[PDB]
Amino acid sequence: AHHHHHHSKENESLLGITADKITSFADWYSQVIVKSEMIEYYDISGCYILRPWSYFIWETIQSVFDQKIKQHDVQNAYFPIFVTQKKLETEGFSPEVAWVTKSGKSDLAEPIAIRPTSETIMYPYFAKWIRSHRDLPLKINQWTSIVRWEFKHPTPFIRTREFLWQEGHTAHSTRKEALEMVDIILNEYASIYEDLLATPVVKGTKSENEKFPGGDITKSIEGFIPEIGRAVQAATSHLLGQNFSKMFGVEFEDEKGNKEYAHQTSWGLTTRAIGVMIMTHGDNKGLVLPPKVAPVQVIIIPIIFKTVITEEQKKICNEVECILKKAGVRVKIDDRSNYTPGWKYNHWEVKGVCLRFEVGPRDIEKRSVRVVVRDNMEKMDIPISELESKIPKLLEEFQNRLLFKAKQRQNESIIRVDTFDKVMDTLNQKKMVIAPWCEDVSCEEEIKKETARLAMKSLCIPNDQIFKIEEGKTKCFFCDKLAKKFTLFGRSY
Ligand SMILES: Nc1ncnc2c1ncn2[C@@H]1O[C@H](COP(=O)(O)OP(=O)(O)NP(=O)(O)O)[C@@H](O)[C@H]1O
Ligand SMILES: O=C(C[C@H]1NCCC[C@@H]1O)Cn1cnc2cc(Br)c(Cl)cc2c1=O
Ligand SMILES: [Mg+2]
Ligand SMILES: [Zn+2]
């Protein structure tokens, strides 16, 4: 679905994308993020430079999500990047901890860990701040970078040794209020991917074998990349319960005067969202960005070459730019006489600009503009007097079309299998499995073991159970136990 629309002579250049998205996905992903000036590879493995074209999308994700959690009285703070070994020791993987072992030429007697997550940093101070039920709920969030020495092969955005993320940590007086906070954040995470990034995700609950061992319930949104047949956890929201409050002493005096441990939640979203969004919408021409996160929604390209644009040509472009600026549209004019219009067309197509305006003599004469849509090569002529109304509608239609097309690609990637004899062939088709499952830890341990023999794991137990179980008859697709619900399975990042 990547190489359907018309490619121009400049799209077939080396300044375009030469690797096919389906048959050469890894090379396609690298060319798309590099040639669009999103990412620069760094001489330290697993780290990638976030150029402004990609960092804008994170700033938009950060701006939109920060306003969302402020609706629930979540306050932003910043805790140090460092944490002692004693606090950190008591998905914690010791080989992932980046340790500062020297300052200058002086060795540290006790090395200091770089923050892989802030439970150890923050919770000793949650216990210090929380003495009464009146002090609850406490809701803290921080935007910061995280360093984890990932053992698996790094992927830009998806899995980086340094990534930018948001981590919210809340404490409540009741488990019910905490679980409501877990579901609230999960819906906002799903909104970030679907409403902002036009990326479909599946809301659900992690299995006992796949949940965060430090919490009671781990809910998540699962994404999927069909071109490689691997799911990707889009975000996560944990019902920590009292596991962390018991071990850090975060207790409060409830009403009537009894000491009770706090009911905590924690949730996180990283720059991985950008990578999942890129892989979802990008085609063989390069980036395809949702209008809500595209750094430039409209590029105005006057038909000029070598010489300077005429005075009436610059006046029309400024008028169109003024109309689009007043309408809240992010718009820029590319009046570089240095490049042919075809060069600019491919240049802003690789960068994923939603709409391009071609302004030539015929457009000046009619007081109209030639609009070319990025993702489907749709062409139309809009009068200048209609731009204020039509362009916000086109970007709105653009956003809906990306989510709708990405949705039907995800729905066709979910295959129902009721017996294990059809699971392996479904996985080999680069697709997920929705199967009747008993949800036992022992069952998933053998599911991972048997599928690794030809590994498949539970992605999430979806909140929306589209299929029904026979009360007392529907057995697990793998073992002899009765199936509880249907669970989404597949290989993941
Ligand atoms: N190295 C990474 N780079 C970018 N995003 C990441 C990375 N690791 C995790 N994430 C994302 O951040 C979210 C919250 O972090 P976390 O729950 O600690 O992931 P995780 O438990 O390490 N899962 P995983 O590392 O894939 O086994 C995850 O749901 C991922 O979507
Ligand atoms: O980090 C987590 C759980 C939650 N903490 C912050 C909010 C979002 C996030 O899902 C799971 N995790 C993952 N990787 C880790 C790596 C190391 Br090293 C350590 Cl010490 C700890 C962890 C660790 O705790
Ligand atoms: Mg990890
Ligand atoms: Zn089973």
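Positions are given from 1 along the sequence. We count ligands from 1, going down the list as the structure has it; atoms in each ligand are counted the same way. When the header is checked for method, it gives X-ray crystallography, 2.4 Å. Below, each value reflects all heavy atoms present in this structure, side chains not excepted, and no hydrogens, waters or symmetry copies.
- The name the PDB entry gives to the main binding partner of ligand 2 in this structure is Aminoacyl-tRNA synthetase.
- In this structure, the drug found at ligand 2 is halofuginone.
- Within 4.0 Å of halofuginone (ligand 2), judged by non-hydrogen atoms, the site holds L88, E91, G92, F93, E96, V97, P116, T117, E119, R148, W165, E167, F212, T236, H238, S266, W267, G268.
- Short contacts between halofuginone (ligand 2) and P116, defined as distances under 4.0 Å to a heavy atom of the residue, involve ligand atoms 17 (C), 18 (Br), 19 (C), 20 (Cl).
- Short contacts between halofuginone (ligand 2) and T236, defined as distances under 4.0 Å to a heavy atom of the residue, involve ligand atoms 10 (O).
- The PDB header gives the source organism of chain A as Cryptosporidium parvum.
- Annotation for halofuginone (ligand 2): atoms under 4.0 Å from non-hydrogen atoms of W165 are 6 (C), 7 (C), 8 (C).
- Below 4.0 Å from some heavy atom of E96 lie the following atoms of halofuginone (ligand 2), by number and element: 16 (C), 18 (Br).
- Close contacts between halofuginone (ligand 2) and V97 involve ligand atoms 18 (Br) [criterion: under 4.0 Å to a heavy atom].
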